**Student:** 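Take a look at the following structure, please.
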Amino acid sequence: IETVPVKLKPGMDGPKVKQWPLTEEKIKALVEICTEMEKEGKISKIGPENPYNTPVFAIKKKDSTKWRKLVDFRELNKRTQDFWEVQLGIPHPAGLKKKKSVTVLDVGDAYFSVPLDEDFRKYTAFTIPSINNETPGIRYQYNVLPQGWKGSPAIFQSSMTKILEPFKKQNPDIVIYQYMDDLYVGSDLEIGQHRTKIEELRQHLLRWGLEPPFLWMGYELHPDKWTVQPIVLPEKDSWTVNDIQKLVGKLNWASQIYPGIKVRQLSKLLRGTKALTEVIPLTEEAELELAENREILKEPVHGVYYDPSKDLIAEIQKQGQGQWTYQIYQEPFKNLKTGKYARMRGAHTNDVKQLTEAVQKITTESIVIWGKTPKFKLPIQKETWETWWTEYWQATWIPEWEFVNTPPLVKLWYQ
Amino acid sequence: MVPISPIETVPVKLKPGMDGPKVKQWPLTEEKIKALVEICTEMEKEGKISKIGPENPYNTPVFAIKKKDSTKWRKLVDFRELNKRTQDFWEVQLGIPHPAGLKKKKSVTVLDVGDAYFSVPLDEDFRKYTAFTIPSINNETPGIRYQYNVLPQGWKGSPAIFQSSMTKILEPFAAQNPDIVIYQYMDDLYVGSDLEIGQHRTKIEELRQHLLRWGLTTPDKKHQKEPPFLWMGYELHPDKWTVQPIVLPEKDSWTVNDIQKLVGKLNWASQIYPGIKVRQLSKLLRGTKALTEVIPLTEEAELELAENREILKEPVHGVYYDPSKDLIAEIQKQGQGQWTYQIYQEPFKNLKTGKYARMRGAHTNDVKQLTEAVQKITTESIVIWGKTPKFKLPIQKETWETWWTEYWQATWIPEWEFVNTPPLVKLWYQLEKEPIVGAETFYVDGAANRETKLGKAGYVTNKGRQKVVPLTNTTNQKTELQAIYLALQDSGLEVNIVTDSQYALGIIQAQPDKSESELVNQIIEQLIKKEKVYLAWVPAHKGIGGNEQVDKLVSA
Ligand SMILES: Cc1cc(/C=C/C#N)cc(C)c1Nc1ccnc(Nc2ccc(C#N)cc2)n1
Ligand SMILES: NCCc1c(F)cccc1Cl
Ligand SMILES: [Mg+2]
């Protein structure tokens, strides 16, 4: 009820980001939403003395039919001061990624009960555009903590920990983690028990609240079952020339990750100009080298460590037939997580929808494990991505991304 | 008197750390000085400005212009310095409506709101920064000092503050009269509707009554301007639109500047005139920018210019948008990286047209260009109409499926249908996913000494076929492409090719059908003639025979 003083970083003005084009249905939905928010005092109309802007659009949360307003606060978040005044930070709970079930709740509506510092409100300006720019865009700013702003969970952190205090000590084995508008609550019990303690949680914010439009939904994870991928080599009875070339190529690549990998006995097998489909018998020396490489690849990569002061980088490869591989790392060849998706749902004919869902699930895994979002290297042309990703987005955060325009040779090795 | 509502004032600040202007007043002739004194006395009576005392330390130049072919002077305040120090504002003029997104209107009335502009109050705390001084006769007295109480012409904030003030005033009228549209531009309000001419004029009278609630008068003698309207380079009519006349000059020699102006006119015309082309004329502007240099027109630019003249022979108009109907976008390939499109709702009645040009880049193909054109039309359509059009594309559904399922990137184009209007976009080659049984295997390699620029390229096959070619003025990358070319040239209709060139596979995996490299183009020409090609990559200098034998042949 009284405002925390907030400021931008030194020598840094507010965001001035262009509003991107919105469809008729989106603009309409936002006009209806913002009219309600203005009546509730959450936002106010602003004048032309406010030159700042942050893009807004509208989405559908997973498994619902009601529009949710989503503000792209990525630039404001970069420019906003870092929040270490009461706490250097919330030391990320390493136990969250070890629970059997983690449910994600959209608690962002609770943020609207705390006023935003009157001097900082101007930096939250946004515009509802009109079709064909036929009428002036409707300009608002926030009067309360906005959803999607990195300062909202920080300013609300003191109020949230008191809200949850009765639930915490009645259920001491439960991990509860807050990232932006999401609450992650992990448990090891039966899913039926799990779902019931989730709804017990919901009551605590129901009670304190007196209505939250998206508090009742739950996206359930199982980080205990999360799969990884070690490097594996084929097991064959007959090797063609082409088979051995692909093996040597894959081992050459793997030797950047594992020092002890050797390929010289195997490369000697290719000595000769034989047809690509001709079977080559392995020499004893080549089979021993192959066996020793297999053993090396069963071991973890040497010198892999997470540094919270460095960015996480996520790379994605399209493997065809709806399957996608990805790696998360900070230094090249020191992967912190790798994986593969194929279950991308409601998109067997839409490459970009599949990629958008992959980005969202990789970001979710990143938040659970390290408490921050990776920067993505996307195998897509910038113009294709920017035209369509907002049509399939259903998370309340947005990571940063860049675009890969040269085809990687490494795609063959992660397949 | 009738009380009038004050217009709420916008708080204005200077840029952080900056102070107001302190610029010297230029000396003026006895002639201009008395002219300013009379104008400023009049303005002071109307409340626009106020005389100030001597302690205000700020000053902005005032001038008197001789309105040409008249004995009447008039007053201009040079606000350049204050504008540099004034804060930024939100400008809602950035995006202008496109005519093709407008709706048909039976009537459009114009109202003059010019005398409402100098009635918008200026923030009291900012007025001190607008101070100016009329020089005295013979500089024998202090100059007469004034400051503004209203938005001054030429000040940075006046357009945005005036627009926002008018919008706020107009909002309740527009909201409670949804059967009209209101658009403000310069000192005029444009009001359009589909209502019977009597109801329409009743709405206009009601708008005048609404505006008088703030003391804003409108001339009762109707505004000169009536449809059609000349606006932002367009002609707006009640039921159709076009661009203003596009006249391409006859010139026997062409300047850099002339060709720039020619391309600009063609670009403007291309939004309603179908099929406009600018590639060959744009090629003449490459790299140079001495605006007076004369460029001989290639024969290819002369033909494209002649083609454009014919397209521009007679007027073409677009229709307005019907929100109750789908949008259809149809695209044609024109050659040399050029694409043209039409957007319509009923056949033969275009809302607008446009074009797309191949992006700068070493290698390309038709499918990628068509994909980019689709995304450009999609984005423009969201801006203008708020929805994606349905597409009619010169590419077979089977061609598209083969492309996107196998392309290394994610790619997508929205709801579309094949239209069989040549030239069709097709896939010119597709590489095998597995080695070909019974096809000869070519192990290729090339290398060059980077000092000598001397190189070799060649191959060795499973059947003992061999070739090495000596090369001059070449590079490692060029010799690696040459080796693949030789293998394609000397093989039968099915071929397996083994290379260690990461560079060559990077290019080939991008599936080009056209290149700025003649060597890549020659490779493409060879690929098109094959039945089956399998391309295999191996790492270099590992002892992989075939590649180890010919590496030794080419690096010698
Ligand atoms: C953008 C705009 C420019 C002018 C005019 C600018 C000037 N000068 C006049 C109006 C009223 C508008 N606003 C809108 C909004 C929606 N449909 C239309 N349709 C429409 C406008 C003019 C004519 C005509 N003749 C026909 C249809 N206009
Ligand atoms: N069927 C005529 C409308 C239409 C469509 F429904 C889907 C794709 C293209 C086009 Cl033009
Ligand atoms: Mg070599």
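Each chain gets a letter, A, B and so on, in the order the sequences are listed, and its residues count up from 1. Counting convention: from 1, in listed order, for ligands and their atoms alike.
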**Student:** Which chain accounts for the largest share of heavy-atom contacts with ligand 1, under its name in the PDB entry?
**Tutor:** Reverse transcriptase/ribonuclease H
**Student:** Which one of manogepix, soraprazan, rilpivirine is the drug located at ligand 1?
**Tutor:** rilpivirine
**Student:** Any idea which other chains come under 4.0 Å from rilpivirine, counting heavy atoms?
**Tutor:**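 Those reaching under 4.0 Å with a heavy atom: A, B.
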**Student:** At a 4.0 Å threshold, what atoms of rilpivirine neighbour a non-hydrogen atom of B/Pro97?
**Tutor:** 1 (C)
**Student:** Strictly under 4.0 Å, does any heavy atom of B/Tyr320 approach an atom of rilpivirine?
**Tutor:**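 Yes, B/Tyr320 has a heavy atom closer than 4.0 Å to rilpivirine.
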**Student:** Please give the covalent link of rilpivirine, as residue and atom, or none.
**Tutor:** none
**Student:** What about B/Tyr190: any of its N or O atoms under 3.5 Å from an N or O on rilpivirine?
**Tutor:**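 Indeed, backbone or side chain, B/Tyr190 has an N or O that close.
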**Student:** Among all protein heavy atoms, pick the one closest to atom 16 (C) of rilpivirine and tell me residue, atom and distance.
**Tutor:**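 Here the nearest protein heavy atom works out to A/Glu134 OE1, 3.7 Å.
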**Student:** Could you tell me, atom by atom, which parts of rilpivirine come under 4.0 Å of a heavy atom of B/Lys103?
**Tutor:** 17 (N), 18 (C), 19 (N), 20 (C), 27 (C)
**Student:** Out of B/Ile96, B/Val191, B/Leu102, whose heavy atom sits nearest atom 21 (C) of rilpivirine?
**Tutor:**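 The nearest heavy atom belongs to B/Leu102.
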**Student:** Test your reading of the structure: does B/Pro228 have an N or O sitting under 3.5 Å from an N or O of rilpivirine?
**Tutor:**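 No, since none of the N or O atoms of B/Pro228 sits under 3.5 Å from an N or O of rilpivirine.
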**Student:** Taking 4.0 angstrom as the limit and counting only heavy atoms of B/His237, give me the atoms of rilpivirine inside it, by number and element.
**Tutor:** 23 (C), 24 (C), 25 (N), 26 (C)
**Student:** Name chain A exactly as the entry does.
**Tutor:**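 It appears in the entry as p51 RT.
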**Student:** For rilpivirine, which residues in other chains have any heavy atom nearer than 4.0 Å?
**Tutor:**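 Within 4.0 Å (heavy atoms), the residues are A/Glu134, B/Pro97, B/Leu102, B/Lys103, B/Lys105, B/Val108, B/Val181, B/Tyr183, B/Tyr190, B/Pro227, B/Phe229, B/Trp231, B/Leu236, B/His237, B/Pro238, B/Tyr320.
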